Trainee: 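Got a structure here, written out as structure tokens. Questions coming.
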There are 4 protein chains.
Amino acid sequence: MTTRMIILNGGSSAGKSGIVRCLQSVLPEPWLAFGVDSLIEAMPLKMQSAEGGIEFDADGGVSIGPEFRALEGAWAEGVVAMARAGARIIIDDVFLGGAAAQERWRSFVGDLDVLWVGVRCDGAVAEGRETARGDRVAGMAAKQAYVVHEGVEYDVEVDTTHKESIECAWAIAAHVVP
Amino acid sequence: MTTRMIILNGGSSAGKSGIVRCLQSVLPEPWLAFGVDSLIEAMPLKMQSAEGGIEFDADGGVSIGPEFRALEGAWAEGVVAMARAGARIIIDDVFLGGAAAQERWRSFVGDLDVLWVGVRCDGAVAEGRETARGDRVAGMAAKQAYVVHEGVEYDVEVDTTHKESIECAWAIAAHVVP
Amino acid sequence: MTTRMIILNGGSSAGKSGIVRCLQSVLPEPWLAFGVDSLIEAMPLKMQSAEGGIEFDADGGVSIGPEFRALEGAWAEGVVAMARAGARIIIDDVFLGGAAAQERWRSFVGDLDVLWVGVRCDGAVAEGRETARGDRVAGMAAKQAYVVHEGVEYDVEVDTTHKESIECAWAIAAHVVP
Amino acid sequence: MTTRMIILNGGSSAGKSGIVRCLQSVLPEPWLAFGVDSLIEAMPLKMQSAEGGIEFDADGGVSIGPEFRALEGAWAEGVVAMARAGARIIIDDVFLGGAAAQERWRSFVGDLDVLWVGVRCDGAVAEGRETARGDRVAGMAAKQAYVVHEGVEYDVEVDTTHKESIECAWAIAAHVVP
Ligand SMILES: O=C(N[C@H](CO)[C@H](O)c1ccc([N+](=O)[O-])cc1)C(Cl)Cl
Ligand SMILES: O=C(N[C@H](CO)[C@H](O)c1ccc([N+](=O)[O-])cc1)C(Cl)Cl
Ligand SMILES: O=C(N[C@H](CO)[C@H](O)c1ccc([N+](=O)[O-])cc1)C(Cl)Cl
Ligand SMILES: O=C(N[C@H](CO)[C@H](O)c1ccc([N+](=O)[O-])cc1)C(Cl)Cl
Ligand SMILES: O=C(N[C@H](CO)[C@H](O)c1ccc([N+](=O)[O-])cc1)C(Cl)Cl
Ligand SMILES: O=C(N[C@H](CO)[C@H](O)c1ccc([N+](=O)[O-])cc1)C(Cl)Cl
Ligand SMILES: O=C(N[C@H](CO)[C@H](O)c1ccc([N+](=O)[O-])cc1)C(Cl)Cl
Ligand SMILES: O=C(N[C@H](CO)[C@H](O)c1ccc([N+](=O)[O-])cc1)C(Cl)Cl
């Protein structure tokens, strides 16, 4: 029953990265963190200008093509492989495809023990934080705030609308089996 | 009565930068933002290793020497000069010297119309956010949370302990005379 | 004859920022660094989406409107004011307007002692570095490589095409009167 | 004979990251990039303050403990797993242990087709660039410039002392079998 992977899902500006660093500080054993964002940074820059890659609409929409998806797949497998190799992994994701996305993960994970975490946050509030951070495309927060969880099943749910990252971290750590 | 400068004061991780970007988005006229941090980034790197410069204790303490202070002074004058030249300026500061610090500003400002803003936040909560951001020296938040406001007089006060940046932004904008 | 300001001019990716940090390390007295880029970061984000602000064409072109120019002006005056106040200032600029730009500076500077530095670099090579850094809009380097110096007069010229930043730094420092 | 992984080795400031982005732009197929630095960013912050983790001496030295090494191991396996899954991977490493380090990789890689790249650069020059970038601990460049290659065998060697990143990129791409 030892937890091997902690997969978090939430919309942009919902507070995931903040929760991730807190978890890494709180949890006693070292946990590696990776996510759709670190994956993007690891993909070639041109992937962001290629049709079957990832595209950022000016209104904050996000489109994903097969070239991008294909790469992501091998990446996912590698992350699972790290867990298998004995590294405790935290995944900061954004299930744009809702349930479809969670399934995709389930397939790569297999019988590996995973803690599915849901990070919610009022769209309006997320949108406010989006402005405050100033480093995201205005509109992503709102567009993602809800559709991301539709049909997704979690083992734990935190809502950053009125809870600090460190607090949400404590709630999540409590469900982590050593 | 037109506001020329908005000087914010608060401890590390209290939420100032977030409020600043919100203000820049909210306010109709363009406001330039500068602060102790941009000043630091503009000072030579070695200033951070020189005795009369700025020193960061491992426990999160911050010491300021005369070499640093001298530079800061000319900088302050320049910022005031920008206001005088007609640029709307926002200053994100950290009054380590409490009232002493506010006086220092008053001297540079003169009869220029300034909106003194206080950004408060529970030390414990600030410390939590400090961990979540992971890019500050652990301990700064708590050490600064309160001593920074002792003896300081504001025209407006916001407390980020339970208020989003955008909200605090709205409260502050309301006191800005066009 | 003491040098109060060091104004560098060069196209994107020509190597200015690198030379700037070297100068700050080399020069014995503390020099504050500021530039078109720090100014941009200090301007509201929306300035980048407003017509009379600054616009970044997808091919790497850069357009500047009056709203942006107006702000820049007050900023320039403030920087000069810092020099006057006794702070040694380094300005990392990009004379898009060639000679016109240098004149604009001359007007703000007045009789202040300034060291005009020219940072050149082969367009092709600059374009290569542009790719290597991956954090600029492809095409800026080439578009700026030359037009930026047309009609501009320097006291010192360095060419980073075959010279390291630290070397160019040494050449520039040598012309700085204490 | 299709190349699955490109493993680059070089000392800090030798120019690897710059070469990596160029390769990602040059190579026709998408290549994911990862390295000791992205791994560090993915490890908990505290790993940098824990004895068996990674420690940064003030003079630029770097020490690695077993806790850090253990994690790195599972990470290495995961990266190899990504290659196996069909993702083209580029690894930006720093063989502090010289030959010992290359062996460690050979063990994880197995019979996977790998292109071993060596990125050299004169210590003095690397040290100069270290200053110019200003975001590394002074002294790392020099300490690493040479010891890193002792006993290491490459399929290709580039020297950034007098060659631009894009050029070195071209030399390396030429040895990549599709
Ligand atoms: O802005 C970014 N990422 C955010 C999420 O952190 C963006 O909203 C996003 C959402 C989903 C996504 N995906 O699922 O492939 C990619 C980017 C990075 Cl490009 Cl910096
Ligand atoms: O190289 C490109 N495109 C082709 C299709 O025109 C290609 O198959 C591709 C798309 C994205 C990509 N990536 O992320 O590196 C790589 C190759 C464009 Cl990005 Cl210029
Ligand atoms: O960490 C930093 N700054 C914070 C404040 O944002 C630090 O707490 C600090 C506080 C006061 C200060 N001062 O008043 O000179 C300088 C740095 C910068 Cl060095 Cl990145
Ligand atoms: O140059 C240095 N120090 C002397 C005193 O030893 C000097 O007067 C000084 C201190 C800080 C500084 N700065 O911020 O650039 C500049 C010069 C050290 Cl930083 Cl190496
Ligand atoms: O990319 C940027 N700046 C470069 C120069 O460093 C861009 O080429 C540029 C050039 C000139 C300019 N101007 O003169 O107003 C503004 C940006 C910043 Cl937006 Cl990050
Ligand atoms: O606020 C805006 N525009 C008007 C004109 O429609 C305005 O006068 C302005 C433009 C740029 C700007 N800035 O940089 O903050 C401020 C106000 C747009 Cl940026 Cl939404
Ligand atoms: O400074 C850093 N990394 C450089 C290399 O890019 C440092 O020189 C270093 C070298 C070797 C290393 N290792 O082999 O574990 C880790 C960091 C990161 Cl901590 Cl930002
Ligand atoms: O938690 C810590 N240490 C113990 C040993 O005292 C621990 O086993 C450990 C070290 C590094 C680490 N990491 O990278 O997350 C995790 C746990 C210190 Cl970092 Cl406070």
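Here is the naming used below: chain letters follow the sequence lines, and residue numbers restart at 1 for every chain. If you're wondering, the header gives X-ray crystallography, 2.8 Å. Order of listing sets the numbers, starting from 1, for every ligand and every atom in it. Hydrogens, waters and symmetry mates are skipped; everything else that's a heavy atom, side chains included, is used.
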Trainee: What is the name of the drug located at ligand 3?
Mentor: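 It's recorded as chloramphenicol.
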Trainee: Which chain forms the largest contact interface with chloramphenicol (ligand 3) when counted as heavy-atom pairs under 4.5 Å, and how does the PDB entry name it?
Mentor: protein (chloramphenicol phosphotransferase)
Trainee: Find the other chains whose heavy atoms come closer than 4.0 Å to chloramphenicol (ligand 3).
Mentor: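 Counting heavy atoms only, the answer is B.
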Trainee: Which residues from other chains neighbour chloramphenicol (ligand 3) at a non-hydrogen distance under 4.0 Å?
Mentor: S12(B), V36(B), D37(B), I40(B), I54(B), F56(B), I64(B), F68(B), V94(B), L96(B), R136(B), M140(B), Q144(B)
Trainee: Which UniProt ATP-binding residues in chain B are reached by chloramphenicol (ligand 3), meaning they have a heavy atom under 4.0 Å away?
Mentor: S12(B)
Trainee: What is the nearest residue to chloramphenicol (ligand 3) among those UniProt marks as active site in chain B, and what is the least heavy-atom distance to 1 Å?
Mentor: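 Going by UniProt and heavy atoms, that would be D37(B), 3 Å.
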